[PDB]
Structures are given as structure tokens and as C-alpha cells.
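Model: aldose reductase / ligand minalrestat.
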Amino acid sequence: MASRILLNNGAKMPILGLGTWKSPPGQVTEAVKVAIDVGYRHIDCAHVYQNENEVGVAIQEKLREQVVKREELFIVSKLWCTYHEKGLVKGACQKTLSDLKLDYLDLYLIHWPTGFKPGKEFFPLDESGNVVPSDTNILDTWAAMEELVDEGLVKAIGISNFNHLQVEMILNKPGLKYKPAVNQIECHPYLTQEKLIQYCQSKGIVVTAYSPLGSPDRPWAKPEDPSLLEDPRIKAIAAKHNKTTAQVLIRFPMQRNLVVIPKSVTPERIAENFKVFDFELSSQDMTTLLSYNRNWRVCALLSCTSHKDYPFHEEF
Ligand SMILES: NC(=O)c1ccc[n+]([C@@H]2O[C@H](COP(=O)([O-])OP(=O)(O)OC[C@H]3O[C@@H](n4cnc5c(N)ncnc54)[C@H](OP(=O)(O)O)[C@@H]3O)[C@@H](O)[C@H]2O)c1
Ligand SMILES: O=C1C[C@@]2(C(=O)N1)C(=O)N(Cc1ccc(Br)cc1F)C(=O)c1ccc(F)cc12
């Protein structure tokens, strides 16, 4: 298994990265330091995670210690929904760069296709609990992302949580300057995304799988929800390979030519999760894992379901 995948800008993206959603500031600096020490070179960040300063601390320390050089790292961040207005995009990117202590991002994503009312609150709600949209649209936000590439702030741009019609809208823009390099989407054995992955890969867009472990730590989890990491069928596949369930869940998307970004702040798990380049899932294992699909999505938000651009009404 080759460790990097070629993007449309000629750059190579590591297929395994470290996720940072719900990595608390008081723990994420150590997580990123350990990750770099054990071989991670891709870190998935976002302004909405409220920890970019502490991620940046770790990166800065490992650059100063001469453990890695900047060109070897692949740092991803994302434009939050309250910054979709064309006049707000650059500032949002520069805030992320300042927090991360970087002079460029390797990849910058539109975090969701939905623009929200600008302001301090990340999730601005009306008095009845509905998200308050902004009068923004995907194509104008994309054009503002393109300017970031032209100014050297980011090397590549992409999208996240876009359905295929939303991807198509960008692809079909006449004066398109840059195609999206990546679509980052939820993907795991309970949400295998066959149709959207086929679509994106057919269009030369690399897919990154988020929540590959099923995001057990997500704040809206209900005790009756399915649990990937505790699924005895997946456990049995892992035992056959003398691997952990998490290792199987990370290797699975890798064998579908996806990038994958498992999150941990636990040093032993950060190290375990990287040890996925030394075994292979069989054809039968892959078929079995794909067969667990239930179209079950962990990242969904009821308050956002009436937004005009909410992505999950479409089949894919
Ligand atoms: N673009 C988007 O809209 C979007 C949405 C969701 C996620 N993401 C990105 O994708 C990343 C990954 O998704 P996620 O954070 O939702 O969840 P995940 O990676 O599926 O699961 C993370 C959870 O698994 C635990 N864990 C990690 N390794 C483990 C192991 N070896 N054994 C047992 N438990 C283990 C973690 O615990 P500890 O940390 O306590 O060890 C944490 O509770 C995010 O952090 C974020 O970077 C992006
Ligand atoms: O990595 C992540 C997890 C994520 C996130 O955004 N990126 C997340 O999917 N959701 C759910 C969500 C947000 C916005 C829209 Br639109 C739909 C939706 F399902 C959240 O509410 C959320 C809340 C605070 C976060 F720091 C991260 C999230």
C-alpha cells in the first residue's frame, strides 16, 4: 500500500491522517506530537473544533525540534459555515493559518455546503431551534476558495459533506478555475457510500473518509445506536488478522482508494491506529464489511435539515 495519493494540483496526500474533532485543547498538543513521532504526516483540522491553536503549538514544536520539515506535513483545515460570504473567506482562512502558526495549508475545504448567518456563534439558531441560514450559495463560496489558491494561502481546495448534485454544481461552473481536489465525507461499514464514492472517483476527486470508527465520542450519541468498534462481526475479522477492530476499520477505506482520518488523543491508540500498512483485508473481508451498510449516518443535525443546501435529502 502506497502511503500517498496524487491530487489534481500535483501534490501527494498521505492516505492516513489524524483527526482532531473533540481533541480537547488541554490534550491535543500531546496527541499531535506523538502522532508526528510515530509517523503521521497528515492532520485534519477545522476552525469549528476550537483547538487549532493547540494543534499549531505541536506542529511548531516538532518543526523546531527538527523532527519533520514543513514540506513533509499535509495540513488540512475547513471554512466554517458562518464564513461563506465571499468577503469573509480570506479572513477565516488567515485566522486558521495564524492559529496553526502556518503560512499555507495543504488543503482547505468548504466544511459543509450550508452557509449560516455570520456572527460569533457557530450554530446560530432562531428562537425555535432552526439554524439561521445565510444568503450565500455554493458557487460564490467556491470562487472565494479559488482566490485563496491564487494568493498562495492554500495549495489545494476541496469540499466536505457535498452530495453528488452539489459536487456537479461546482464542476459545471463555466469559469471554474480549480476543480475540487477532495470531497471529505462520512464513511464506514454502516455508511459505505458506494454511489458517492463511485461518482467522485469517476470525476477525479479524492475521497476522504471521516468518522471511520463510527465516532463513538460524538455528543448526540444514543445508547441504542449501532457501535462499529463493538460489533462482534468486525471483532472476528480483526481477530483472524491479529489486529484490533480499529485497525480493521482504518484499513477498510484504505483498500477502497480512500484517505482516512481516525481521531484519537490517547497515545497508545494514536500509535496503534497507524500500524495498518503491514496487513491486508481479503476480498471476502472487504465484501463482508461492505455488506454491513445500513445507510446509517452519525453526522447529521436536525436543526439544519431545512437549510436549502442541507446535503442529506438526496440519495447521494
Ligand atoms: N468534515 C466533517 O464534517 C467531519 C465530520 C466528522 C469528522 N471529521 C473528521 O474526521 C475525524 C474522525 O472522525 P470522528 O472524530 O468523528 O470519529 P472516529 O475517528 O470515527 O472515532 C474517534 C473515537 O474513537 C476512539 N478511538 C480512536 N482510536 C481507537 C482505538 N484504537 N480503539 C478504541 N477507540 C478508539 C477515540 O477515543 P480517544 O480519542 O479518547 O482515544 C474517539 O472517541 C474527526 O476527528 C475530524 O477530524 C470531519
Ligand atoms: O468534524 C466535524 C463534526 C461536526 C462538523 O461539522 N465537523 C459535525 O458533523 N456536526 C454535525 C453537523 C454540522 C453542520 C451541519 Br450543516 C450538519 C451537521 F450534521 C456538528 O454539529 C459539529 C459540532 C461541533 C463540531 F466541532 C464539529 C461538528
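This chain uses plain numbering: 1 for the first residue, then up along the sequence. Note that ligands are numbered from 1 as they come in the structure, with each ligand's atoms numbered from 1 the same way.
For minalrestat, every matching ligand or chain, copies included, can be listed as ligand 2. The binding site of minalrestat, defined by non-hydrogen atoms within 4.0 Å, is formed by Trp21, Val48, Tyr49, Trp80, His111, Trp112, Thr114, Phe116, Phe123, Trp220, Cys299, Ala300, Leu301.
According to UniProt's substrate-binding annotation of chain A, the residues with a heavy atom under 4.0 Å from minalrestat are as follows: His111. Looking at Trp112 next to minalrestat, an N or O pair under 3.5 Å apart turns up. In terms of protein heavy-atom proximity, atom 16 (Br) of minalrestat is closest to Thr114 OG1, 3.0 Å. In terms of polar-atom proximity, defined here as any N/O pair under 3.5 Å, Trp220 makes no such contact with minalrestat. Counting protein heavy atoms only, atom 1 (O) of minalrestat is closest to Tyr49 OH, 2.6 Å. On a heavy-atom basis, rounded to 1 Å, the UniProt active-site residue of chain A that sits closest to minalrestat is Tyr49, 3 Å. Taking atom 22 (C) of minalrestat as the reference point, the nearest protein heavy-atom neighbour is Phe123 CZ, 3.9 Å.
The organism reported in the entry as the source of chain A is Homo sapiens. Considering only non-hydrogen protein atoms, atom 27 (C) of minalrestat sits nearest to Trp21 NE1, 3.2 Å.
An N or O contact shorter than 3.5 Å links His111 to minalrestat by distance. Per UniProt, the NADP(+)-binding residues of chain A include some within 4.0 Å of minalrestat by heavy atom, namely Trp220.
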Between minalrestat and the protein, tabulate every N or O atom pair separated by less than 3.5 Å, reporting distance only.
{"unit_1": "minalrestat", "atom_1": "1 (O)", "unit_2": "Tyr49", "atom_2": "OH", "d": "2.6"}
{"unit_1": "minalrestat", "atom_1": "6 (O)", "unit_2": "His111", "atom_2": "NE2", "d": "3.4"}
{"unit_1": "minalrestat", "atom_1": "6 (O)", "unit_2": "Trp112", "atom_2": "NE1", "d": "2.9"}
{"unit_1": "minalrestat", "atom_1": "7 (N)", "unit_2": "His111", "atom_2": "NE2", "d": "2.8"}

